[PDB]
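Presented below is an entry in which one can find lumacaftor.
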Amino acid sequence: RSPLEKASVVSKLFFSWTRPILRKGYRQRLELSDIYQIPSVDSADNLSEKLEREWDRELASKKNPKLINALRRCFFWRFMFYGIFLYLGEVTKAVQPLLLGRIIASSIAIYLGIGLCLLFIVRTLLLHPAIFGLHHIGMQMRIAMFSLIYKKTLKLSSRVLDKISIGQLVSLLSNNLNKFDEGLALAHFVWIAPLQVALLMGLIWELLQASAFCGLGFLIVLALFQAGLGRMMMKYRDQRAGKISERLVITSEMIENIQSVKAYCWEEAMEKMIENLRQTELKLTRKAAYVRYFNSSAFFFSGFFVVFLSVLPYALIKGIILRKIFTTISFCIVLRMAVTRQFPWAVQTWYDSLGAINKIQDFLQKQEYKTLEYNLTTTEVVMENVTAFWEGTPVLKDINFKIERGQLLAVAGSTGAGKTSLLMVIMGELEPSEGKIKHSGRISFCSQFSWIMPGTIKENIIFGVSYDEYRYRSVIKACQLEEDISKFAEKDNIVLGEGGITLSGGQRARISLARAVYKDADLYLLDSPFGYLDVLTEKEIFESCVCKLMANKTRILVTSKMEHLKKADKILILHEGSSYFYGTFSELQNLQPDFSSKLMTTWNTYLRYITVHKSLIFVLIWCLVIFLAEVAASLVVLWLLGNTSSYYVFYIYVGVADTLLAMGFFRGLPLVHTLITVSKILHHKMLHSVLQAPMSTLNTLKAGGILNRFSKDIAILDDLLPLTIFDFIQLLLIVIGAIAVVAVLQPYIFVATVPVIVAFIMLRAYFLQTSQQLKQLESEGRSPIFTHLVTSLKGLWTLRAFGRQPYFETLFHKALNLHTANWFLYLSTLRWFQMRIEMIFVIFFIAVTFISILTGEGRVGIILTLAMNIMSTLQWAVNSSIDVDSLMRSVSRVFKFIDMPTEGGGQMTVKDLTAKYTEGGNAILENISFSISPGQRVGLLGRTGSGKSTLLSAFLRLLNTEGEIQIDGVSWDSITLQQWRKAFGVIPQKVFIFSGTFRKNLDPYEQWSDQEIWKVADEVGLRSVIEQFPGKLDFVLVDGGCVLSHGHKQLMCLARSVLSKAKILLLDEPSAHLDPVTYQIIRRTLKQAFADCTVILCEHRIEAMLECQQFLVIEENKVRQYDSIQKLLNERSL
Ligand SMILES: Cc1ccc(NC(=O)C2(c3ccc4c(c3)OC(F)(F)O4)CC2)nc1-c1cccc(C(=O)O)c1
C-alpha cells in the first residue's frame, strides 16, 4: 500500500522512491491527495498501544516510573543501530587527512587519491541514511507520545481538570511538535565528540611530538567563552520579552477599535506612541544582535588560532617540514568542529529533551477518573445521604431521594445552586464522600451548554449509532426539528462547521435534546435543555418527547418552570445551598402555601527590500570591495611567494579558508545594524499604511489576521532574518573566494567548476518548489489536530457520560496519521536533496584532485587543503539559502500590507446618500435626504432596530458610502476628511480609553492646558468620579480602563467630545449603557451644558427619543419623516 513496501535496496538507500512526486512537484501543483500512504509500522494505532504496554509495565513493575526507561526498550536498539553507523561516518572524516598527508610527498600518490575518493563515498553512504532513520525514530517517538497524551486527556477527574490552565495543554503539546522530531540527529554526539578528540589528540601527538594540549586548551577557552555569551544574550532577550507585551497591548487595542481612531482623527497620536515604545525595544534588540555577532564570529576566527597556537611552540624549538602544516590544518578543522558546535548542540538537545520528558512524565501521573460500577443491576435510583463540596462548602445538605424506574422528578432552585453539581455527582463526574448515590448507571446527559461536533445533523444527533426511521421521525417531529431538518439547506445531511455559529440557540437546543433522547438509558439528566427554546416551543417539546415519550420511562430533569414542575411526580426546590422543601408532588405543593404561591518570493521582493534603505547599498558595496581587494592581495602574495621562517609560516593564514575571508569587526557589524534599521522602517511604514486603509477593505481582513502581521512578522524581521542574511553572505563569500583561489592556481578547475555550480543551482531550483509546497501542505494539515482536541475538551462531560471514548480516540488517530504522512514525506525528500548535493560535490572533488595531481609543493598543498574541507561550509551555505528563502515570506506578506490605498454653522442638508459595507452591497439608503436644523435635536426613531448604524456611521464617512452632504455651506468634497470627520462628534456605545495616563487617554494630542483640562473635567460631571483615583489624575488606565463604569466612561467620552468644540453630537443608546443614576447624570449633562449641539439620539424604543423636537423617522431603504408627533406616532409608527 505504501511506496516503501515495494522498493529495491538501492532505491531505499539513495532515496529513489521519492522521485515521482519530485517528477510531479516540479511541473504542476500538488493535490493534497497525492501524498503517499504512511508505511504500516508508523500507523499511530500500531505505536500508541506498544508504548502504552511498556509504560504501564514500568508502572506495575516498580514505584519509580522512569518513562525514559520504558522507552529504552522500545526504540533504543534501532537507535544504536544508527549510532554506530554515524560513528563510522565521523571517524572517516577524522582519519581522511592522514591519507591526505602522504601525497604531498611528490607514482605512489594516485592510489591514495582513489582511496580518498572512496573515503568520500563511504562518508556519503554511511551518513545520510543513518540520519534519516534517526529522524524516523524521532517521528515515531513524537507520534506515540502524542497519542498517549491524548488518550490520557479523557481520563482526568473534573476536580483537577477545571483547575488546569487552558493554555497549558496547547503549549505543552505544541512545544515539542517540530523540535523534538529533529532532536535525534544530534543525540549521539554526546559520545561521538569525545571519541573524536581522544582519537584526534592521538594522531596530532604522533605529528607534533610534544604539543597536543596547547590547542585543546584554546578550544576549551573558546567554547566556554562562547557559551558564557549565552546568558549575556538571554538576559537581554528576557528584558525585552515583557517589554514586547507592553508594546503589543496598545497595538491590539488600536486594531480592535480602528473606527474610533478614524472618527477621532488620532492616527498621528497612535503612530507617535508606537514609535516612542519601539525605540528602546530596538535599543535592546540591537545590543543582543551585536552580542550574537560576536558569538558567531568567534567560531569563524577560531580556525586560524586553533592551529597557530598549536604550531608556534614546536616550530620555535625545531624546524618543521611543510607536510606538517597542510596536514595538521586539516585536523584542526575537524577538532574545532567537534568541540565548538557539535558538543554544545548535543548538550542542549539532551537538556531540552529530558525537560520535555520530565514534563510529560509529571503529567501522566495526575489524578485519574474512574467510571463507576454501573449497568450491573439496580432498581429505582437511590441517592441517600448526599453531601458534596464544590471545592467543605456544602452544595447539598445531605440530600436523599428514591426515583422509580419509570417515575419522574424535577429539581429546581437558583441558577447553579449545586443541583447542577448534584447531577454531575449522580452523573459520576463529581465524587461525594458521603452516603450512597447510585442507580442502574445507564444514563444519558443533556447539558445546559450544548456542544456541536463536526459532522451532519445525523452525526451530531447519532454520536456513533445507526439511524432508525421511526426514531428519527419521532425525534425530529417531536424536538421542533422536522422543521429544523427540512428547513435546512440540504435538509438532511448539512456538512457542518465548528463553533456552532451556523445555528441559533433554538436549533442548538433541538440538536442537544436530540443527542440526549437518541438512545434509551435508565436515566435522562436534561439539565434545563428547555432554556433556549421558546415557551410555546418548550410546551411543544414537552408534549412531544420530553413529557411524552421519555416520560413513560424514568427521567430526572432540572428545570425552573412554573408549569412543568407542576406535573412531575417529585419536586425538589433549593435555596441557600439546601432544599427549602421537597417530597411528593401533592405534598410539596401544599406543605407551604405561602411559599408555594411566592416561588411560582520574487526578485521584486529582493530588490525592494535591499533598496528600502540607501545605506544598505553602501554597506554591501563596502563589504564586497574589501572582499575583492583581499582576495586579490592574498592571490598576489601567493604568486609572489610561489614564484625567515615567517615566510613559510605565512601559509597558515591562506591555508585555512575561514579566517581569510571571515567578517571583520569593522565590516560585519554595520550590516547587522543596518538590517535592524530596515526592520524599524518597514514596521513604521506598515503601521502608517494600516491606519489609512479604506474601511471597506480592512473589513475583509478578519481581525485576528492583522495583529499576526505585527506580533509575528516584525518579530522575525527583528531577530531572525538579519542574522540569517549575515550568515548567508558570510558563507557564500567564503565559498566563492576559496573557489577563486583554487581556480587561479591552475586554470582547469574553472571550466570544471562551472558545470558543477550550474548543477548545484539547478538542483536547488528543482527541489525548492516541491519542498515549499509540502511545507505548506503540512502547515494546513497541523490544524485539525488542535480542532479535534478543542472539540474533545469542550464536550468531555457529555462524551464520557455517553461512553464513546474509543470512537474519538480513533478519529484523533486518523488526524495524526494524516499529518504523519505529510511530515514523513517532507523529511525523506529533504534528505534526498542533501544526498544529491553531497554526491555532486564528490564528483567535483574527483575532478579537482585528479586534475591537480596529474599536472610544485605549495600549489598542491593549498589546492587540496581547500578542496577537502570546503564541503562543510558549502553544505551550510546551501542550508542557509534554504532558510533565508523560507524567512523571506514574512517580508513578502509585509509588503502585501504596504500596498493598500489611503481612504481619501450647524445647519445642513443631505441628499443621495448611497451607502453599503462592500462596494455595491445592500443599499443602506436610497437617495436619503433630510435637513439638519439649527440648535434642536432630530430624534431617530421609527424602524429603529432595522439598523441605524449604517446611516449613523456613514454620516462620518466611515463606510462604503458616497453621495451628497452640504454642511453650513461646505460639502464633502473640498475640506479634507481629517478636518471634516472632526466636525461631527460621536458618542459611541463602547467608549475607548487608551491604556495610559488620563492626560493622555483624554487629550492624546496633548495640545491643552492642564487648568483647561481640569475645568472641562469638573464642569462636565467627572470631578467627583475623578477625586477617588491614585495620585491626583495621572492614574495609568491599565487593562482597558477596567476601573471605570459605563457611566463614568461615557462621561469621559462626552468630555473628550466637548474638548475640540464639536458642532454635532450623534449620541447612540442613551439608556441601554447608562445606569439609572448615570442616566440622570448623562441627561442633565447633555440637555444643560451640551444644550446647543444638534444631537441625534438614536435609541430603538420610541420612549427614549420621543422627547426630542423633530423626528427624522427610520424606515428600511426609505427614510420617511414626520416633523412632529402630530403624525409621528400616527403615521410612521402607526
Ligand atoms: C538508560 C538509557 C538508555 C537509553 C537511552 N536512550 C533512549 O532511551 C532513546 C532516547 C530518548 C529520548 C531522547 C533521546 C534518546 O535523545 C534525545 F532526543 F535527546 O532525547 C531511545 C534512544 N537513554 C537512557 C537514559 C539517559 C539519560 C537519563 C536516563 C534516566 O533514567 O534518567 C536514561
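The residue numbers of chain A are those assigned by the PDB entry, with the residues present covering 3-108, 118-402, 437-645, 844-886, 910-1121, 1125-1173, 1207-1436 sequentially. Excluded from the calculations below are hydrogen atoms, water molecules and symmetry mates; all remaining heavy atoms, backbone and side chain alike, are included. Both counts, for ligands and for their atoms, begin at 1 and track the order of listing.
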List the macromolecule sharing the largest contact count with lumacaftor (ligand 1), named according to UniProt.
Cystic fibrosis transmembrane conductance regulator
Please list the transmembrane segments of chain A, N terminus first per UniProt, with a heavy atom under 4.0 Å from lumacaftor (ligand 1). 1, 3
